[PDB]
Structures are given as structure tokens and as C-alpha cells.
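Structure with pemetrexed present.
Here is the naming used below: chain letters follow the sequence lines, and residue numbers restart at 1 for every chain. All ligand and atom numbering here is 1-based and tracks the order in the structure. Determined via X-ray crystallography, 1.5 Å.
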Amino acid sequence: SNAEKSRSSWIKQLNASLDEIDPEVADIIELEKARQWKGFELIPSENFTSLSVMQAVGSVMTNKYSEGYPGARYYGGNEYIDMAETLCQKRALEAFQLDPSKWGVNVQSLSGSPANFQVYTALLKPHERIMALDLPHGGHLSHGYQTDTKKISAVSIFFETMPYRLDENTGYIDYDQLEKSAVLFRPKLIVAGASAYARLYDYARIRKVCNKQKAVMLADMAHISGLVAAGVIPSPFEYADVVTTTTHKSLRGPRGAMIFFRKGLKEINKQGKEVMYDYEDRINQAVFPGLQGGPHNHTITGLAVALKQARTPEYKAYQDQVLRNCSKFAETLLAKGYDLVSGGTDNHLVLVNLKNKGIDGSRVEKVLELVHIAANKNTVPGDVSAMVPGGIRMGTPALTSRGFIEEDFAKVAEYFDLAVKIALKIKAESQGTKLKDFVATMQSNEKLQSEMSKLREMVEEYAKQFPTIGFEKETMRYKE
Amino acid sequence: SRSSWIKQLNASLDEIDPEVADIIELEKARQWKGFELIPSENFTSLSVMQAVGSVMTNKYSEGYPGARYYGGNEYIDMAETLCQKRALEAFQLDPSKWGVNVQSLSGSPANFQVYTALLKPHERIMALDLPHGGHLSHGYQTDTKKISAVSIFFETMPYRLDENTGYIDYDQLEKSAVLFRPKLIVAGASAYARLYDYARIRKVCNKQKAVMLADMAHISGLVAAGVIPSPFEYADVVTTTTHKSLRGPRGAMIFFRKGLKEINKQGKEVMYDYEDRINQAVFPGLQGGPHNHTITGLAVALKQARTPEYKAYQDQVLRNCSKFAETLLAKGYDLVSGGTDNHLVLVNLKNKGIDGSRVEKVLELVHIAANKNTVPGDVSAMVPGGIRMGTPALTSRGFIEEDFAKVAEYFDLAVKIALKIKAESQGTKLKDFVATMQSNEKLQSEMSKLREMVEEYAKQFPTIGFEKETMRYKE
Amino acid sequence: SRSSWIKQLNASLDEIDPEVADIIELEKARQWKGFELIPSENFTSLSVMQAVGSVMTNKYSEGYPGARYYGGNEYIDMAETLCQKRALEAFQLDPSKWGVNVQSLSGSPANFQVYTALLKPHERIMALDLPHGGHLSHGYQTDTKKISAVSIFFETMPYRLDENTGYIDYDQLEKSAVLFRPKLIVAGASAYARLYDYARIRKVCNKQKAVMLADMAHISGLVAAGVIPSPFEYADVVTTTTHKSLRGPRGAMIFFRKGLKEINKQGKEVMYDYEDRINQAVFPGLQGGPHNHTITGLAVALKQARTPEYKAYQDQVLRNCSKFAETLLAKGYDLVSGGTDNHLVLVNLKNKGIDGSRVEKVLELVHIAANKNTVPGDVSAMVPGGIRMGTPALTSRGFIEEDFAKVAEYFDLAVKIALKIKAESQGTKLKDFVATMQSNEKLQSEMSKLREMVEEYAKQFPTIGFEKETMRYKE
Amino acid sequence: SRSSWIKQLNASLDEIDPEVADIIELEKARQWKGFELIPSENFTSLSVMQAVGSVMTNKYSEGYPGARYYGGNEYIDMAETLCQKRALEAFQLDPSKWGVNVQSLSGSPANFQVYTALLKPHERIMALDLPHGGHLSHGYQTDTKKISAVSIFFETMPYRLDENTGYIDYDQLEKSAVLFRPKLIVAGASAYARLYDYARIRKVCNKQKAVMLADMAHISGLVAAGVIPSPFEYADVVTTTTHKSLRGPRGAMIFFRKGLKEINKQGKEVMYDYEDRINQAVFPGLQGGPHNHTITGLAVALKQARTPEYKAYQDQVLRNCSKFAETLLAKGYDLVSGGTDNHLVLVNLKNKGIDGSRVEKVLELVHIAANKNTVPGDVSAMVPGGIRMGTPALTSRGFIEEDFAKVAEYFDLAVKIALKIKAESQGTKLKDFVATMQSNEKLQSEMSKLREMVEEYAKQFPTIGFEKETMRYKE
Ligand SMILES: Nc1nc(=O)c2c(CCc3ccc(C(=O)N[C@@H](CCC(=O)O)C(=O)O)cc3)c[nH]c2[nH]1
Ligand SMILES: Nc1nc(=O)c2c(CCc3ccc(C(=O)N[C@@H](CCC(=O)O)C(=O)O)cc3)c[nH]c2[nH]1
Ligand SMILES: Cc1ncc(COP(=O)(O)O)c(CN[C@@H](CO)C(=O)O)c1O
Ligand SMILES: Cc1ncc(COP(=O)(O)O)c(CN[C@@H](CO)C(=O)O)c1O
Ligand SMILES: Cc1ncc(COP(=O)(O)O)c(CN[C@@H](CO)C(=O)O)c1O
Ligand SMILES: *Cc1c(COP(=O)(O)O)cnc(C)c1O
């Protein structure tokens, strides 16, 4: 009686819906759905995943252990997991128009940050040297980072890192100083990859420095991979030895990562011997058995779906719109008196340098957040500290996914400008000059609270008009 | 164009990607019709999968609840904080003595994050030897190559079984540790059929002033249900995956002591110093944005782990494995350590005159999913002498003791077929075995008959996480 | 002003620096009047000292003979080439099978240079534990601190004595090495009274594919004379100091196999790969200009090592130590391993109720130079329980067997005084012992009488390296 | 057989080892007859050599004065304590602000001991690039190989000269240090002809919180005499050899700040933390028994460094080098940095159309001892484009300004012969140059004539450390 009652009970538990089993979690998800419906989402690393990707990520593919590689597994039962991973690899090469005799791919790395660590582990001995764009100048923690205080990224613990920096007069990477630094530092690997950079890489110049230094050229295209797949910006694959990327962000896939690497002939050396690329086995073995265990086959299957979408004409039109929206956004910001780092943009984001407006990014970000415009404060050339940012970073991928077009991003720039004006009013009313005096005014001044409520209402009414991505408005729990 | 990509983003998987949809339908049928005996596998709940497949995936939330780098994380914070508090409750932990990190992406990086938090590069780790039931994420090197990157960045040395008994040789562990001076000792295994002597590991770690890390990935659901002894009584740090016996999404958790540790010889309080180091190793040290969809599904799985029916499930996992072991022993099989006290068994096939690679090939063809596995005494990790099997996944579908007696019977029938294939093989090589297995009409018929028996038995049990009635492949 | 600084450059030490001249005269008297029993000390020849005190000191000669980075080295090349030739001849080595580096400045950096040549940073070394008779330059760390920098830059693990027998526990060494996987194993000691089983070390090194380094510093002169078995029969690399039983200047040599490997060890390379790596680690890796005054003095010492007189000397060293041990045993002293096969003994004072620190303080006051020394069983390495003594230095002055029986008698009388100071000591601590030792007039008189007995006995023997007749201090 | 080996031990070098005695006599004659221009060479005093060749060599004295690990060291303690006292006095150092270690065996291990004391393995060091005049013990690696072991165990990066001016580019050093974050910066060189901007290095070290290490090996005697500015005004740690301009024995010293460094923001004293770390790195970290004969000779040399005659000598060293540089420039040679402010010059032969290897071969044959040396602009490290020369050694023999004008003339005549050999060489490889140099009778006659000119000039000056009248080889 009790034994069978219990067995029926745990089977019911396993087959019941989330709404029935865990209403508290279901409610949180419904609140997050409403949040994604109502906001101006300008964080340039964020996007809205398709329903079909989410259905694959939420499938029974999660149940399987499949250590190894297709057709070379350690466990049985992997006939269909092998189909998915093989299909994912094939679509990954196709999405970037790569010759499979010249390029291989690993689709098992769990996210962007460990993907880079796996490349370093594959190709570098402990304490060998890496150069990458300095984090406050637009780099990423997974390329290394250390302050005067301590090593922040563990890449800087296990490997020896050194940054390269912007030309702070132009806002572009200072390639001349990168080259001169590399002569002295002797990197074994140079990363060409940025997060908060409004320009595209001079991959040809990085390639020249890497050739002279006999360094691996790693392109980390996480922020731009969807633009690359659509063919609307130049491809790092024209030059790089290894290419890493997140599968989320501009690719618009599940949370995950890919590692691409050259295969085949590198050069015939001076003795007439072929030198072959030595990346495939080293990288595949660093991922497994080196640093990961069982692949996440639900994510790999969702990635295959995302990579199919990436080849379509609709996806190319989407990425074209991302760029055109960002240019219109930049146009409108310039017309309204804002300064852009490097003077403009060539991609999906802008960096606004707020110095000429007489207020910093931390104050503006707080007002934007209260009116449901998501952006983030950003270091700009000229800041005295990497902890007091003078700028704001904003981008177009997420709202473009919901159907914002050029005229809509002109409106986004208008509402951003209205938020900046409120921030300046709060600063003017602030009894003091420190950020705590600013937030005290921002939370007690009823007149300025009312202006922010009004602007928040304007933001939400504009955003709500657009389709929701990945779920239906009609079945949302929270329709106000 | 605008309407064009909106439609693409909101279309079903069936509409957008029929090839992937069909692969998932084939995998559903595989999970329905087979004996899934890999002891690290389970069938997770529909509710977990609905959370993992939700829009929680869209948000970037680097940092920790209430201490994020980006805004817009109010509801992500609700989920992660709920997950953390449910994690401590699932193991009946006092939150003033234990903290938890729920962001680690899987079991292997979770262990690497602990080492990065607490050890400098090239500091010393001891753990169970991989061929004796350990795990790659604790270190492993051969005579010629460092296989796990743990053994590249840290200095590793194994401890071993008593090959006479199949239990860990704690006496030799203690003696080795005196000479090797580990800074951290791992108590955890992938292919060990017995309970750990955590008290003995604690004694060695105290003497060596080493961190005691319990890696409970395989047994975490048994621990949560309170049906085997808990490593939290003894350990400094506990890692676990969330997808094995815990029956959650693919992910991991890191638990650590916090608060007051002891009073020194001078009357001063000494506090634990794990929490900040581990949290910072996970982020910003080694990971970026948390996978909020997985964390949300983990919260769901942790609520399930508190229920009476979940405890009944884990008690059944244990009783099923005991019955499974008893039946295998009665049929003449040798088990490493002679039996089991948990969810798995390790069959040593050497006394039957055949190896694990050959038997596993037959199992695969009759729809029994297991893994060939090294046994103590194997001279090459490429020629495994054993098969590893366990009860979590089929117990989730409702297999009870008499059903696992049947599983042992069908395993034995598969071994008998493998022995016939070996006897008929025109050579001694694995490729000769495979050629016979694929060309011999009589033995192909026997395998087809056993496959039909396995599928007919498995099909009668409920499907977990999807509806049998709507499956594409119902035949 | 220029003729005067040239006068100061050519004047004698007596005229230029009477304070230093007086210090040397006091040290000459100390060497004349004492029982010098530290087994690593000797009295080198006048001819060695005249070469070390020559204008060979003025030359920079980085590189190797005939391959220098500076001009002017025609005669420095003759000296280094002659030194190398005599080094190989001193140990009866085939120059087609053995090479030598004579530039290493002393024993400790010589070993570090071998590790740097053959091991990557953090690779693994095994050697005899320091408290069991090993040496710091083979690695050493305590529970809390890495003491030798060898243990900072490389990963070290000790092997130990069998505490019951006092001999190296080779069985435990072999079992430990299986788990630890050393890349290099050191066979050599500072306070081991028995002969090494070099054949057994070779067997373990072969199984582990580890370099066998013999550090023969203490026994090199015995080896050169052929009176004990040679480590060159087995080792890959042999290091030594030149100032202990070899009786040369302060310095070191590194010997290494070269040429074709044994038939069963030839592979991708058929030749040994030690010579270039070791020579390059010495220079340009870790040293600069060779000390050609020392190298020239070493050439002199190596020629002396070939003579029948030198062989007779080393024979007497062994017979003196055997007699010394027998006399100590008959006077009730416990010896580690119960005796000796070489030039030293290690007295364990446990059966006497007093430690090495107390006894050595009395020895020093009665002009007997020895060292307190850890013994097996000591609970702490700061409180050594033994005294180490040996025969090389006094044998050089002509002490024979009956003279070392007298040395043992006077050692015994010193221990008895130490026991009286302990018995009269109020407190239990070493400060109270020293307080008694410096304030008790009766025991101060007994130490004075014993000091006179030691000095009267030692003064009868020839001085080595200088003449009694020109000593400043003749009383 | 006692009487036989005791006579062996007390006989003179002439009696025991005529071959070695002969080599030393040949080297004496070479030091009499040649132009010794290697700027790291000197001629030390007889009194130093008598101390280095004394019975102080016989003592083991591990530890520090008054803190030895065993007995017999009463007089060795006097010598080391006296040497420390004189070391601080020679550089006018306040003993409450500076300490010193006098046990480091030579300059290269002294620097390695400082790194081991103050830096963990793989921490970062900046120093002057070897091809720009730096030293191997500050680090050196090529694209293919780590040459100095400093670059194996630590992470090194060079700073460079302004190749237009030949002075250190301090602006680039500072900018490089921002990016590289060195933990230690070396201010010292082997072939830099200008004075260091120690104040600028101090400012960079302060901004980077890096240790400022001055390696003053080449200039130490100039510093002691007060004829150039002192690195002790700025540096945290100062290393030096003792055998170059200091004019002492072959050895080294490590100086370090001690005592109060600063008061922190809470009013608490902050002490320097160099002394214990450095002393413990020397022993027990990296060395064993001190070389007390060298330490005793060093004490002698340090007393000699205090005299007015010594100051007059170091002033003459500078004036001689200035005139030497002026004469080389007048004869058409290019100097790196266009001149000198210290004891050496570096000739860049590019404008003469010949490399340093060819020129040094002729110098050697005409008894001018110098070294081929890399210069800025050299494409290959193995094809040095320069010749390094300096004045300490011949100034010690009484050369004055007009004499170094003649040295420059004879160097010029040797270069002219080298150019003739090159012109007569049919091939362009160095072996063809050597073949021409050894077979051309006319050019051999010219080298023989120039050799006779060099010897006739050099022989007129006093010999340092020995008397001409007792030279075995006067012809
Ligand atoms: N118990 C157990 N756990 C496992 O995880 C496992 C695996 C998968 C992980 C694994 C992979 C490669 C090697 C490996 O050894 N690779 C070598 C092969 C050659 C050699 O073994 O010397 C290599 O050089 O790659 C060892 C282990 C195989 N057999 C296993 N058994
Ligand atoms: N056999 C033998 N060989 C030796 O060379 C030796 C020595 C001299 C070298 C030495 C110096 C310090 C420590 C040392 O350990 N220092 C510790 C303090 C002691 C401890 O912690 O146990 C430190 O912290 O410095 C250990 C060894 C003392 N006793 C010895 N015995
Ligand atoms: C103790 C332990 N710790 C960590 C892990 C790694 O988890 P991951 O596969 O999610 O990285 C495992 C996985 N173990 C799997 C894969 O080998 C198994 O089949 O046993 C484990 O057993
Ligand atoms: C085996 C061995 N190898 C190396 C050394 C180091 O020689 P060094 O003192 O010249 O550095 C020693 C010194 N041994 C001295 C100091 O401890 C002794 O009294 O025993 C040694 O015994
Ligand atoms: C600045 C500096 N520091 C250290 C050293 C090393 O001294 P050592 O040769 O005694 O090891 C040198 C040696 N310099 C010698 C050998 O290169 C020379 O001819 O210049 C040095 O120039
Ligand atoms: C976001 C990003 C990453 C890291 O991805 P995560 O999934 O957050 O670990 C790595 N590189 C770049 C350039 C990125 O923008």
C-alpha cells in the first residue's frame, strides 16, 4: 500500500507541470516575462532567445551522459545524442561558411569564459604569456585581468597576462603600442576580442603581430558572432588561428560556447617540411578529458537549432537591422549633443562619453534603471579611476529582436536624453556632491520622483506595443 | 523583414527544425524502450525542464543576488536566492554554518573552482585513483601524460583501494599523506560501491591541516533524502552535480563551511575562510554570466528533494541495488568489494572469461545502456574488465526489486550471448568480435530476441518528463 | 700616491692587515689544539692552498676550455682541462663514458644546477629525509615552512630510515616512488653511517624512469681511493663537494654519463642527454665566471687523490672509525644502525638521559668540535638527540686506532660533565643548563681539566698546511 | 704510512705538483706581458690572496656569527663579523639602516638569492636587456630558449636603450612597467658606459611598489671611493661582486635596508622586511657552508678600499677611461652612447665593416685581452658587432692617461690587421678568416710585431701580487 502509494507519488511529481509543482518558481518566471515585455533592453550583450531553441534546451536531451565525441564515446546509448552533436558541428561550420578541411569546431564548452580557459590550457603551458585588450578599455575578464590590488581573473593566476590599450585620443585600439609591447613581452597568444568596443578589429594587423611573435591568434567574437554569421561585418576567420564565441549574445542561441580552430597545413618550413596545425587534438582534449565531463546535450541541441536559424534570410535581415538601428541611434545621440567614444560606431553598440554633459555614468545608469531603460555605466577615455565611469554603454540587438527599427531607436535616444535631463536635475538638487547624496535626492524629491514615474510610463507603453519573443502575450500571467 | 524574423523567433521547434525535433523524438523512444543502467544518469522532471527551457536564459546577471553588475535582475535574484536557501534546506544545513554557490556550470569545473579558490598553482591534492573508482576532476596522469588539467595546474597523487577487499585502503591513505603533505584531500568517487569513511578522512585532514573536500556527485540525492550518512558532518567543502541521483538539471553546487571554526590556544575565535574565496573563484575568477535557466530549474529540483515521496524514491534506489547485487552474485558474477551499499554495482567479468568492451557491445545492441569500466587489477585503462550499472534512472520510472532481478537476468543473458560471439570469433581481436557480432545470423537472432524482451519489459513502465500518448515513435 | 698604492698591493698580510693576520693565527692554533670531529671537515694541503691563493683568481673565463667568451685564457684553459682530466682519473672513469663539470662553486649549488638541468620547475625529487641523515640541498620542508629553496622551485618528498635498524628503508622508498612518480632520486647523505645500496636505487630509478643522482660529498675521498664501493657503478649523475673526505679546496664537481646509452635504453636518441644540459645549467644558466683559483687548487687535490699515501690515508679513516665505534659501544653509547661502514658515527644519547644540545655545549668548551644531530625517534627537529662525529680530519693529522680510542674516552668524560651540569641545573630548560655551566666553579674546573687533556693530546700531532715553528700562538 | 701522507700535505706546490706550478707561472707572465682590458677584471693584492690561501678554508660554519649550528667557530665568527663591519664602512652605511650578507659565493647566485628571498616563483623582474648591456643573472631568453635560469624560475622582461643615444630609455622603462607590473626592477649593467639615473628608477619602483635592486658589481669600487654617485642613496637592496673594480677576492655581498621604513596611516611603525628573508635565502635556502677563506680575504679588500691611495686609484680609473674613449673616437671608432662616464667603453665596429669575433681573434694573438660584445643593432646574438674594454686592471698596474692613449693606438693597429685578414680571406665565413689568419705569412709577421709592441709596453709596469724577480718565465 504505502510502497506503491509512494511510487505513484514520485512518478506524479516527475510528470507534473511547473505551474502545479512549484507555483513560486512559476510566478518568478511570469514576473520576468513581464519585465522583458516592458523594458528598453539596451545592454548590448543581451538578447531574446527563440521558442524553438528554448524547447530544445528544455528537452529530455538533458538526461544523457555522453563523454567523448561523436562515434568515440565511453558510454552506450548515444546514437541520437551523436546525431545532435554531429548536426551541431556541421551547422556551426556552415553558419560561418568554413571549409571543414580547414576548420574544426568543438561545441561542448559550457560558456564563453571556460571556453577561453580551455584554449589557453590546450595551447599554453602554465605561466605562459597572453596579451589581450585591457578590461576597462573594452576587454573581458576571461582574457585575464589584474589591478594594483590583486589578480581578478584566474586566467591571470594560471597564465601570465599583460593588457594592450586604446589610443585614448582616438578611441581605437593602439595597434602600434600593441606591437611594440609584444616585442618586449613575447606573448605566446594574443586575443583579438572585445565587449565594450564600438569598432571592429584590425584582424590583419593582429595577424601580422602574431606572425612576427610566433603567437597564436585567438579571436573572441562573442559580441559580434551573429553579425559575422550574417556576413554583415568582416570575419575573424579570415585571419585567426582559433575563434571562440558565446552562443548567446549576438548569435541569439542558448547559453553556451563554441571553439573553432584551424586544421591542415600551417606552412612549409625552411627545411621543406610541412608544419601542420596542432590545435584540433589539443583543444578537444582540453575540453574533455582535461577540464569538462559530460556534455550538456540539451544545450548542444538548442545550439543546433540556433545555428540553423543563423543561416536564414530572416536572420541576415535581422543583423542588418541591428547595424542600421545602431547607426540611427548614434545619429540621434550626436544630434542631441552627446559625444561618442571614437566618434561613431561600426557595430551593434555605442559608448556615450558623458563628460560634456557634466555628469557621470553611475548617476545616469541609476536614473535609466528607475525608468526601465537597461544600460550600463562604462569607463571612457579620460576617467581618473576605473571605478568612477564617465560613460554609458548601449546597444541594439535585444530590442531589434522585438522589431524596433530605425525610427524606434530615434525614440530610444530621445527617452535616454530625457533620463539624462532628470539625472542632471537630481544632481542640481543634491545636497552635496557624492553619489550617496545623489541617491538620497533621487529617492526623496517628490517632483523628480514624479518625472521618473512619467518617463517610466512612457518607456513601458512604447515597449509593450512590440511582440514578445519566446512566449505569447495572451497567456502571460501579468498583463498590466 | 521585421515580421519575418519575429515569426521565426516565436515558431515551435516542429516548425523551425524538423530534423532536431525528430532527433528528440528518437531519444524519447530510446529512453522509453531501454534499460538505462548508467548510474550517473537519471530522468529529470517535466517541471525542471520547463524552467530550464524558460526565458530566464535571456538575462545577464554577473555577480550575486543584490550585488550584480547590471540592473534588471530583481526576478533573477528571487530565483537564485530561493535556489540557495532551498539548497541548504535540501541537506538540512544550518545557514550560519554552511553557505552555497549555485552558479558552477557542472561538476568538473565546480571542483576546479574549489582548487582555484583554496590552493595556489602546483599545491598538492590527493584523491581516489581514477582506475580505482575516482574521477578526472580530482586529477589523473598516466606514466607519460597528464590527462586531467587538474594534474597540470596542481600537484596530484592518488590513494588506492585495498585490492583484496575492494574498499579504500585508509591506512595507506594516511601513511601516504604524511609523506606527500596534501593541502586538500578529496573524498568522493564515480565507481565506488561502498560508503566513504568520512570520519577517517577527517582525521587525516586534521593531522595534515588539509581541506577536506567531499565530492558527493553520485550520492547527493541519497544524502538529501537522508538514506545514507551525510558528508556534511565532516567535510570543509562539498561539491556535487545536480543531474545524477539528485535528479535535477545539469549543473553543480559548491557548499562550504562559514562562521566560527574553533577557539585557538589564546581564546581567539578563528573563522572559516572559504566563502569569499570560493564565491570569487566562481565569479569573477573563472565564470561569467550565470545560467539563470539552469539555476531556476535547480530550485525546482531542490524543492522536490524535500518531499516524502523523494525520500521513498531514494530508499527504493538502495533496495533495488541491493536486490540487483544479490541476483548478480547468485548468478556467479564477481562484484568489486563483493556487493554494494549505494546506487551502483561494479561487475568484474574476469572470472567469466570475457571483458567489458565485448559485453558492452552486446548490451548496446539489446538496448541496455551501461558502461564498460576499469576494475582493480586492470593493466590498461583501454581494456576494461568490468561493467558499471546502477538503479537511479529505472527506479525513477518505477522499477522495484523484482524488476531489477529481471534486469540482472537479462544482463546475464547478454553476457551469455557475448561469450558465444567470442567463441565463434575467427580471431582474438575486438574487431573480430565485432565482425562476428554483425555477420552471424544465429547470434544476431539471439540478440534481436533479447532486445525484444528488454523493450517489452521497459515499455510497460511510465515515461518520465513526456507523454507516451503523444510520442512520434510508439512502435 | 700611485707608487704607494702599488706598494700596498704587493705587501704581505702581516703588514697590511694585522687584525686579519691575527685571526688566522688564532685559527691555526685552534686547529692545532683541538679534536676536530665534524665528519665534513678536513685539513687541506699546503699545495692546494698555494694554488687557491694564486693569481688565477684574477681571470674571467666564462664558457669552457677552448670555447670562452673572453680572451686571455690560454693558461686558465690548461688548468681547467687538467682538472677535468684528473677528476675522471681520480674515480677511474672512462672519458668516453663520463664527463665532468668542475666549475660549480659548492655542493649546494651543484645539486641545484643538476635539478635545473634535468627537471622543469615543480617536477618531483625524492631524497633521504633531513632528520634521517639527508641534506638541505636535496629538499626540506617542515609542517609550516619550506626550508630549502629546492623545495620551493621543485616538488620534493622524503624517504626514510627503518627506525628499527637504522638502515634506509628501501622497500618503503620503492612503494612511495610508485605513487609519487619522482623524476629524480638522490642517493646520498650527510649523517648516514652505512653504505648505500646503489643497486637498489638503480632498480627503483629504472622502474620510475627517474634520473639517479648520487651525492657522494661525504664519501668522495673513500670512493676515489677505492676503499668503499663506487656510486659510479650505477648512477646517471654524481655530485660531490671537494673539501670533505676528498681533502681538496672548497668547491664541487658534477659527473655525468655521456656517449651511447645502454643497448636497452637507446631510443629516439641513442646518446645520453646530460652533458650539454648540465654544462649549460652551470653556465650560462646559474653561474658566471669560473673561480679559477679554486679550480687550480682542485686539480692539485685530485692529483694527490691518486697516490698510495692517499689510499693508505682513506684506509686509516675507515679503520679509525671502526675502532671509534667499537670503543663508544663498549662505553655504553648507542649508535644509529649499531655501528659504521664509513667515516662517521651517529651517537644517539637517548639511553643516557641528555640531548645533543647540552652535550655539544660541553664539547665546545673542552675543545672538541662535533655537531648536535637529529636521530631517528626525536620528537622535534629543534631538539636533536644525538652527536655526529667522524675521523677524516684527525686521521689527516696522523691519529690512528689507539688515538681514536682516546678520543672516545674524552668524549665520554665530556658527556659525564654534561650530566653533572644537568643534575645541578635548577630548571629543566637549556637556559638553566647554560646558567649552571657558566656559574658552577667545580664543573668549570672539570671542564678546564678536560680541555687541557684534549689540547695536550692533540698538540703532539703534526700541523697540516703550516709549520708549528712559525706559529704566533705556541702555548 | 702516516709520515708519508703528512709530508705530502705540508710540501710546497712546486714540489707536489710541478705541472700546476708551471701553469701558474705562465699565467703570472701573461698578466705581466699583456694589455688586460676586460673591464670586469682586476689584479687583487697579495694580502687578499694570502688570506684566501689560508687555513680558514678548513672550517664548516653554517649559520651566522653567534648563531652557528655547531662548534669551533670562535675565530671564523671574528672574521665574518669583521667583514660585515668593513663592508658597511666601505660604503659609508649606517648599520641601523643597512645590513649585509657576505656569504654569497659570487655575483650570479647573489642575485638569484635576492629573487628567491623576495619573489615567489614566476613573479616578475625587469632589467636591462642583455644585448643592450645587461647581465645574464638579471634574466635572458630568446624566442626559442630560456638562457638564464632566472628566466626559468621567474618571469623576466627587459628594458632597453634609446638606440639613437645609447642611454637607457627611462620613459619607456616607466611605461613598460605600468603594463608589466614588475615586483622587482634591477638597476645595474655589465656593458653600460654611463651612470644610472637611480632617482628615476626609484620613482618607478615607488609607483609600482617594486623592489629596487641595484646590481653595482662593475662600479662597486668607484662607489666605495666616492668618485661616482652611490646607488645606496636610492636602492632597497644592493648586490655586488667583490672581484671587479672593488679589487677583492672572487665573491659577492648583498646589502639591504633594515629598520624603520615608514609610519602608516594609523601611526604604526612599518619596518623593512628584507634582512631575514635575504639571510634565510642564502642559508639555509640555497647555500651550505660559507667559504671562510674568501670571506677573510674580502675583509682585507674592504679595509684596503678605505685608503686615500684607493680613492686616487679609482679617480685614475675614470680619467684613464675618459682619455681612452677620447682617443678611440679620434681614431674613428664609434662608442655606444658616444663616450663613457665610468670604467669601460663599448666599441661598435659597424662603421669599420668588421665584427667583434674577427677583431677579438687578432687582439688575442697580440696579447690584448678583451671581449667581443653585442651592440645595439646587432641582428644576431652569435655575431657580436662590438668590443668591450676598460681600465681597472691596467690602472692597477700604474697606467695613466697617456698610457691608455697608447692602448687605443694598439687596439687600432689590431683592427687594421683584422681588416687586412678579412680582405685576404677568399670566403666570408669565420673559418675562412681563421684560415687566412693562420696561413698568411705577411699578416702573421704584422701580428708578431704588434704583439712585441704590446708586450714591450706592458712589461715596464709593476706586477701586482707577485715580484718580477722570482718569475719562472721572464722570457
Ligand atoms: N574509471 C574510468 N574513468 C574514466 O573517466 C575513464 C575514461 C574516460 C576518461 C579518460 C580519457 C583518456 C584516458 C587516457 O588514459 N588517455 C591516454 C591513453 C593512453 C594511456 O592510457 O596511457 C592518452 O594518452 O590520451 C583516461 C581516461 C576512460 N576509461 C575510464 N575509466
Ligand atoms: N640533519 C640536519 N641537517 C641540517 O642541516 C640542520 C640544521 C641547519 C639547517 C636548518 C635550518 C633551519 C631549519 C628549520 O627547520 N627552521 C624552522 C624552525 C624549526 C621548525 O619549524 O621545525 C624555521 O621555521 O625556520 C632546519 C634546518 C639544523 N638542524 C639540522 N639537522
Ligand atoms: C564524483 C564526480 N564528480 C564530478 C563529476 C563531473 O560532473 P560533470 O560531468 O557534470 O562535469 C562526476 C561525473 N561522473 C560521470 C562522468 O564520468 C559518471 O558517469 O560517473 C563525478 O562522478
Ligand atoms: C651530502 C651533501 N651534499 C651537499 C653538501 C653541501 O656542500 P656545501 O656546504 O659546500 O654547499 C653537503 C654538506 N654537508 C655539510 C653541511 O651540512 C655537513 O656537515 O655534512 C653534504 O653533506
Ligand atoms: C652586473 C653584474 N652582475 C653580476 C655578475 C656576475 O658575477 P659572477 O661572474 O661572479 O657570477 C656580473 C659579471 N660580469 C662579468 C661576467 O659577465 C663581466 O665580464 O662583465 C655582472 O657584470
Ligand atoms: C560575454 C563574453 C565572454 C564570456 O561569456 P560567459 O558566457 O559570460 O562566460 C567571453 N568573451 C567575450 C568577448 C564576451 O563578451
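Taking every copy into account, the model assigns pemetrexed to ligands 1 and 2. Bound to pemetrexed (ligand 2) with the largest number of contacts is the chain that the PDB entry calls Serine hydroxymethyltransferase 2, mitochondrial. Taking 4.0 Å as the heavy-atom limit, the other chains contacting pemetrexed (ligand 2) are C, D.
Residue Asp143(C) does not touch pemetrexed (ligand 2), judged by heavy-atom distances below 4.0 Å.
Each of the following atoms of pemetrexed (ligand 2) lies closer than 4.0 Å to a heavy atom of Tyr69(D): 7 (C), 8 (C), 11 (C), 12 (C), 28 (C). Atom 30 (C) of pemetrexed (ligand 2) is not flagged as protein-proximal [any protein heavy atom, distance under 4.0 Å]. For atom 20 (C) of pemetrexed (ligand 2), the closest non-hydrogen atom of the protein is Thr142(C) CG2, 4.0 Å. Within the listing of pemetrexed (ligand 2), atoms 19 (C) sit less than 4.0 angstrom from a heavy atom of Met382(C). Of all protein heavy atoms, the one closest to atom 9 (C) of pemetrexed (ligand 2) is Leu136(C) CD1, 3.4 Å.
Remark: among candidates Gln280(D), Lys145(C), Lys372(C), the nearest residue to atom 24 (O) of pemetrexed (ligand 2) is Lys145(C), based on non-hydrogen atoms. Closest heavy-atom approach to atom 16 (N) of pemetrexed (ligand 2) among the candidates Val375(C), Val383(C), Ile147(C): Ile147(C). The N/O atoms of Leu130(C), backbone and side chain alike, include one that comes under 3.5 Å of an N/O atom in pemetrexed (ligand 2). Counting only non-hydrogen atoms, the residues of chain C annotated by UniProt as methotrexate-binding that lie closer than 4.0 Å to pemetrexed (ligand 2) amount to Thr142(C).
At 4.0 Å, heavy atom to atom, the residues around pemetrexed (ligand 2) are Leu130(C), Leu136(C), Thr142(C), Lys145(C), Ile147(C), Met382(C), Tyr69(D), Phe283(D), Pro284(D).
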Distance dump, pemetrexed (ligand 2) polar atoms to protein, N/O, under 3.5 Å:
unit_1: pemetrexed (ligand 2); atom_1: 1 (N); unit_2: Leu130(C); atom_2: O; d: 3.3

